[PDB]
Asker: 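Sending over a structure with risedronate; questions below.
Lettering follows sequence order; numbering is per chain, from 1. Every number for a ligand or one of its atoms is a count from 1 in the order of the listing.
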2 protein chains.
Amino acid sequence: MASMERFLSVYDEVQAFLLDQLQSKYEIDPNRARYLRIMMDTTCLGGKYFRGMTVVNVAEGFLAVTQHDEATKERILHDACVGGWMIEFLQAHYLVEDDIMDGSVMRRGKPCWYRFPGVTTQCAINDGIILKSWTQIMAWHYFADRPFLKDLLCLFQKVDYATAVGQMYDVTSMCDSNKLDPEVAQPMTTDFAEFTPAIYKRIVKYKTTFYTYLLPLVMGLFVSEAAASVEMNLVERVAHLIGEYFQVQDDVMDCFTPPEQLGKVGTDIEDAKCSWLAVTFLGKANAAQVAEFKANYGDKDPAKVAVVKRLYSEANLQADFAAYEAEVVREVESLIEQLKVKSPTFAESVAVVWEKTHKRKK
Amino acid sequence: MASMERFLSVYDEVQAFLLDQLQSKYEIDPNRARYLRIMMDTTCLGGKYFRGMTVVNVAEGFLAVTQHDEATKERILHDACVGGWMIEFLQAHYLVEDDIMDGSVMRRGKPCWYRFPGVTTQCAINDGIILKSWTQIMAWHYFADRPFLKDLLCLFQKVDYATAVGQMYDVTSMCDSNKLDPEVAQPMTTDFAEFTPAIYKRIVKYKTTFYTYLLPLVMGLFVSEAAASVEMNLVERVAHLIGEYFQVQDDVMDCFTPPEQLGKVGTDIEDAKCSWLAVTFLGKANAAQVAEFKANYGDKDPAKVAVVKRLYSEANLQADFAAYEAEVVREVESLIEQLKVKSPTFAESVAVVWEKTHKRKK
Ligand SMILES: O=P(O)(O)C(O)(Cc1cccnc1)P(=O)(O)O
Ligand SMILES: O=P(O)(O)C(O)(Cc1cccnc1)P(=O)(O)O
Ligand code: DMA
Ligand code: DMA
Ligand SMILES: [Mg+2]
Ligand SMILES: [Mg+2]
Ligand SMILES: [Mg+2]
Ligand SMILES: [Mg+2]
Ligand SMILES: [Mg+2]
Ligand SMILES: [Mg+2]
């Protein structure tokens with residue numbers, strides 16, 4: 001659409017500013033410049049731009065109802081795009097490191113960045129680090145004189161930290177808590193006692209929901225100078241609820257959506273993740289099903305993986321997904337209605353974000 | 001000494017604040033809290049605290065000559081300590097990721113963090129990420145109302161980025177530039193044409209000197225509200241020059257200092273690094289020596305490593321080190337003399353920092 005081509009045009013400006021800076025200030029050679037250019041394209045582009053386009057949507061909502069000079073309108077949209085790219089690049093940073101940590105093979109229908117032959121884990125770790133640093137270069141350069149600069153940096157820091165904390169909860173979600181010990185190699189849980197909805201909710205709240213929904217929605221408010229015009233407690237509740245749903249969808253897709261469609265190859269069963277499928281299965285299985293799950297979960301062996309998928313299909317988790325979805329539809333609509341008391345415009349943005357999320361097939 | 005025990009006491013406060021926050025705001029369980037506690041201790045403690053104690057030194061320099069209430073003095077010292085810990089933790093972040101990228105085995109006389117049995121590359125990548133995030137939590141929490149907060153965040157961002165850029169220059173310093181290509185597995189240089197003093201200087205300037213010398217010296221100025229009282233161009237020159245010397249020392253030590261003393265196990269020859277030894281050797285070798293260097297460099301094979309060390313010993317690089325050191329002594333003293341025109345107190349801090357650096361055996 002544009003909107004999205006216009007958003008991508010701002011990516012072009014940001015890439016040129018970043019790479020011209022590397023040549024002019026960081027003594028970079030043209031071949032390392034080209035490597036960082038392809039790195040940025042491979043890691044930042046080719047997705048749906050949900051996060052970045054969410055900040056644009058929120059900004060456009062307020063521009064429709066607020067009086068501004070034309071030049072001001074132009075500035076607000078451009079700030080929305082740059083703010084949207086900071087999040088897309090923060091996401092890029094997490095996905096590069098996540099793919100290494102998850103042992104994944106494909107991202108956005110291409111090899112994970114670390115699996116590019118001329119990349120490898122060694123470089124990719126540091127390239128993911130660079131992606132996050134570029135987010136701060138963008139912010140300091142583009143928003144230097146903006147009133148919202150300090151609030152934005154502080155919120156960005158907290159979202160980032162929550163995400164890294166969340167990634168720790170995730171990567172250790174298959175170990176017994178009482179057995180974590182840097183000194184002792186971590187064995188997988190045999191009881192699965194920590195595969196509960198509460199624990200699942202905590203992992204997901206931190207690892208995903210701050211950056212996929214909370215940050216973009218509040219960033220759209222910041223660039224609009226409209227933050228004080230919403231109830232922040234409601235923004236957070238609805239972010240965390242739509243975020244959790246987004247991650248539940250991701251978990252279902254990891255197992256059940258063909259890689260040609262999804263653009264990734266699922267690893268949750270083999271990595272022994274505390275996914276929504278595993279928790280929900282365990283929430284309804286009889287003693288024999290639990291037993292068979294335990295004998296097959298968290299192994300690379302394709303025959304073992306197939307048994308778990310069979311257990312999932314037989315357990316009729318599509319009923320559970322339907323009942324979970326219907327509950328979230330209830331809760332999201334209820335939050336949108338509460339948002340409209342102070343912010344009809346922001347509520348409608350949340351409605352659109354919800355609608356796009358709910359219908360994605362990724 | 002104290003000074004350093006007092007500095008470590010501030011580490012205790014910062015750790016407690018961070019871990020109490022994780023329990024109170026991030027829903028952490030006591031066993032993950034304990035893992036992050038040992039992670040922070042293993043990665044942040046046990047070194048010499050040169051960086052952190054440099055900010056304390058600079059602050060103490062100004063307190064001696066400036067009138068302040070007692071309570072103000074106390075606040076400035078505490079800010080110097082917290083600012084010193086931000087750098088120590090930024091360093092901790094780089095060393096955790098660097099040890100993975102370098103395939104190193106020992107750090108501060110213990111296993112590299114990623115080699116702890118109960119850690120592994122998978123966790124350690126994300127733990128290094130957390131270490132840097134904690135630097136921003138510290139800053140926002142402790143310096144929230146300080147006049148220097150914005151300058152400090154902006155300088156911290158730029159030092160960090162320069163370091164990550166520098167780490168890219170380092171990790172790729174053994175590939176031919178014209179052959180870098182994410183699509184093609186990177187072969188080692190056979191001509192060594194990019195092992196030059198200019199290229200060496202650029203790698204070292206970015207990967208090391210911003211965070212080891214520039215940041216702590218300017219941080220001491222920031223917490224002292226004294227930045228405007230020095231010539232920033234001189235601070236940068238002297239930082240970058242003492243930083244380069246510090247890294248040359250590190251390179252010499254990697255090959256020639258026994259691991260029991262150094263607290264690390266050298267990998268530069270096996271990793272094919274553009275070290276000061278390799279560049280300097282190539283700066284004086286005859287055609288046969290160059291030939292033999294090329295037949296042995298950048299291989300894990302202990303017999304090959306021993307040949308390179310033999311070539312280094314025979315090449316009398318201790319003459320070259322002596323001539324390089326004598327030159328830097330000249331240049332550093334000259335910079336200190338220039339610093340004294342506006343800043344006798346800061347010049348004396350630089351003199352102490354230089355003296356401590358020059359005499360280290362690490
Ligand atoms: O894209 P992925 O790998 O399916 C995922 O959503 C990626 C991701 C990375 C970081 C935080 N949240 C989600 P995950 O949790 O790994 O299943
Ligand atoms: O401690 P190391 O590994 O000797 C080193 O100094 C560590 C280091 C990490 C990051 C930036 N600068 C130096 P290196 O460059 O790897 O030789
Ligand atoms: C797994 C994850 C963090 C997905 C974000 O979705 P997107 O619609 O913006 O497309 P992409 O996922 O490829 O960024
Ligand atoms: C290699 C490197 C970045 C060293 C810093 O020196 P330090 O004196 O402060 O002790 P440690 O090196 O262990 O931090
Ligand atoms: Mg993943
Ligand atoms: Mg993951
Ligand atoms: Mg997934
Ligand atoms: Mg190293
Ligand atoms: Mg290194
Ligand atoms: Mg070294």
Asker: Give every ligand number or chain letter for risedronate.
Answerer: ligands 1 and 2
Asker: I'm curious which chain is the main partner for risedronate (ligand 2) in this model - what does the PDB entry call it?
Answerer: farnesyl pyrophosphate synthase
Asker: List the other chains that have a heavy atom under 4.0 Å from risedronate (ligand 2).
Answerer: B
Asker: How does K273(B) reach risedronate (ligand 2), by side chain, by backbone, by both or by neither, if only non-hydrogen atoms under 4.0 Å count?
Answerer: neither
Asker: Would you mind checking which non-hydrogen protein atom is closest to atom 5 (C) of risedronate (ligand 2), with the distance to 0.1 Å?
Answerer: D250(B) OD2, 3.7 Å
Asker: For risedronate (ligand 2), does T163(B) get within less than 4.0 Å through its side chain, its backbone, both, or neither, judged by non-hydrogen atoms?
Answerer: neither
Asker: For risedronate (ligand 2), which atoms have a heavy atom of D98(B) less than 4.0 angstrom away?
Answerer: 3 (O), 7 (C), 9 (C), 16 (O)
Asker: Under a 4.0 angstrom heavy-atom cut-off, which atoms of risedronate (ligand 2) come close to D102(B)?
Answerer: 16 (O)
Asker: Compute the shortest N/O to N/O distance between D254(B) and risedronate (ligand 2) and return yes if it is under 3.5 Å, no if not.
Answerer: no
Asker: Relative to atom 15 (O) of risedronate (ligand 2), which among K207(B), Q249(B), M101(B) owns the nearest non-hydrogen atom?
Answerer: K207(B)
Asker: For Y94(B) and risedronate (ligand 2), does the shortest N/O to N/O distance drop below 3.5 Å?
Answerer: no
Asker: Closer than 4.0 angstrom: is that true for some heavy atom of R107(B) and an atom of risedronate (ligand 2)?
Answerer: yes
Asker: Quick one: does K264(B) get an N or O within less than 3.5 Å of an N or O on risedronate (ligand 2)?
Answerer: yes
Asker: What residues end up in the site of risedronate (ligand 2) at 4.0 Å, going by heavy-atom distances?
Answerer: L95(B), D98(B), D102(B), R107(B), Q167(B), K207(B), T208(B), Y211(B), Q247(B), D250(B), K264(B)
